[PDB]
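Quick note: numbers on chain A are straight from the PDB entry, i.e. 4-125, 127-261, in order. Note that ligands are numbered from 1 as they come in the structure, with each ligand's atoms numbered from 1 the same way. Atom set for the values below is all heavy atoms of this structure, side chains included, hydrogens, waters and symmetry mates excluded.
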Amino acid sequence: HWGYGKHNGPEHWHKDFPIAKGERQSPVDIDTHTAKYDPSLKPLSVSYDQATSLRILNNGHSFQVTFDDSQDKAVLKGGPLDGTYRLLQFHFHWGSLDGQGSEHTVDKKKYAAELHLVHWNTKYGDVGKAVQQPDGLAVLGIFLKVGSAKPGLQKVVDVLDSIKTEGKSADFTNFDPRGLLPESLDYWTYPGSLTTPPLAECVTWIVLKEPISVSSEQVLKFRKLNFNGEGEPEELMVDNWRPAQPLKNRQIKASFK
Ligand SMILES: CCN[C@H]1C[C@@H](C)S(=O)(=O)c2sc(S(N)(=O)=O)cc21
Ligand SMILES: [Zn+2]
């Protein structure tokens, strides 16, 4: 029922999910002059060497790649986190034009897209329990700007025509998510929420400072996906981003000066 259109988009979500007007909603604008450098923050530890991707699917809101999270194969540790978080899936948010598409903004600047790598805290046993806890999820957010092609993204781009419409999925094994990371792991972090329904306030956000570059031809392929199912009127899957929400009583911390 919810989506990103005029009649079911983010301005309507509160009617079904009242937490939309909550105290720790995401995304937010990162004001770089107001963020606080925190020397107590540790470097991120990203251990994706043993990642096992399974499937790629169009869920009607985005496309996502899912991973085997039945063991500690691909994990995120360190940074602002206590304990071990397992990689579950990644997905993107993007725009109709190159000047919009990211969810987070930096000094009000929007990027062409935003990549979310979603991880859940293993102390809670399964992702469903984790979403009910204030430290249940950690999402690594990476900005995409348009420039040179990202070789590590091309395998994803090449299969999108096979999942054009809602509900379509395909086998997507042996994909290495390390190919999507920037060089630097410097980051901002703040406590927030899922950016789609159910909008649960269960996420430690880790947003990387360094964007990755993708080519115009790569992003164009994202824009050819459909929100609709096969045999419904065609509606292009674009602008699947939630606008920035009020920071309220939160401080954004930076790992770097
Ligand atoms: C379409 C629903 N997506 C929801 C529910 C679960 C799928 S999830 O994996 O906990 C997750 S992560 C994000 S985001 N955009 O904050 O990273 C949204 C979602
Ligand atoms: Zn997302």
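The molecule at ligand 1 is the drug named dorzolamide. In this structure the chain with most contacts to dorzolamide (ligand 1) is the one the PDB entry names Carbonic anhydrase 2.
Residues of other chains with a heavy atom under 4.0 Å from dorzolamide (ligand 1): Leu91, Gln92, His94, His96, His119, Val121, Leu141, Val143, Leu198, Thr199, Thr200, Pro201, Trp209. Annotation: atom 5 (C) of dorzolamide (ligand 1) to nearest protein heavy atom, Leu198 CD1, 4.3 Å. Looking at dorzolamide (ligand 1), you'll find an N or O of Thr200 within less than 3.5 Å of one of its N or O atoms. At least one N or O atom of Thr199, backbone or side chain, sits closer than 3.5 Å to an N or O atom of dorzolamide (ligand 1). The shortest N or O to N or O distance between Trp209 and dorzolamide (ligand 1) is not under 3.5 Å.
At a cut-off of 4.0 Å, the other ligands and ions listed near dorzolamide (ligand 1) are ligand 2 (zinc ion).
Close approach of dorzolamide (ligand 1) to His119 is summarised as follows: ligand atoms under 4.0 Å from at least one heavy atom of the residue are 14 (S), 15 (N), 17 (O).
Chain A: most residues in contact with dorzolamide (ligand 1) are in UniProt domain Alpha-carbonic anhydrase. Heavy-atom distances show that, of the substrate-binding residues UniProt gives for chain A, the following lie under 4.0 Å from dorzolamide (ligand 1): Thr199, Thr200. Heavy-atom distances to 1 Å put the closest UniProt active-site residue of chain A relative to dorzolamide (ligand 1) at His64, 4 Å. Ranking the protein heavy atoms by distance from atom 10 (O) of dorzolamide (ligand 1) puts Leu141 CD1, 3.6 Å first.
Remark: dorzolamide (ligand 1) and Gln92 share an N or O pair separated by less than 3.5 Å (distance only, no angle test).
In chain A, the residues that UniProt lists as binding Zn(2+) and that have a heavy atom under 4.0 Å from dorzolamide (ligand 1) are these: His94, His96, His119. Distance screen at 4.0 Å: atom 2 (C) of dorzolamide (ligand 1) has a protein heavy-atom neighbour inside the cut-off. Of all atoms in dorzolamide (ligand 1), listed by their number and element, those nearer than 4.0 Å to a heavy atom of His96 are 15 (N).
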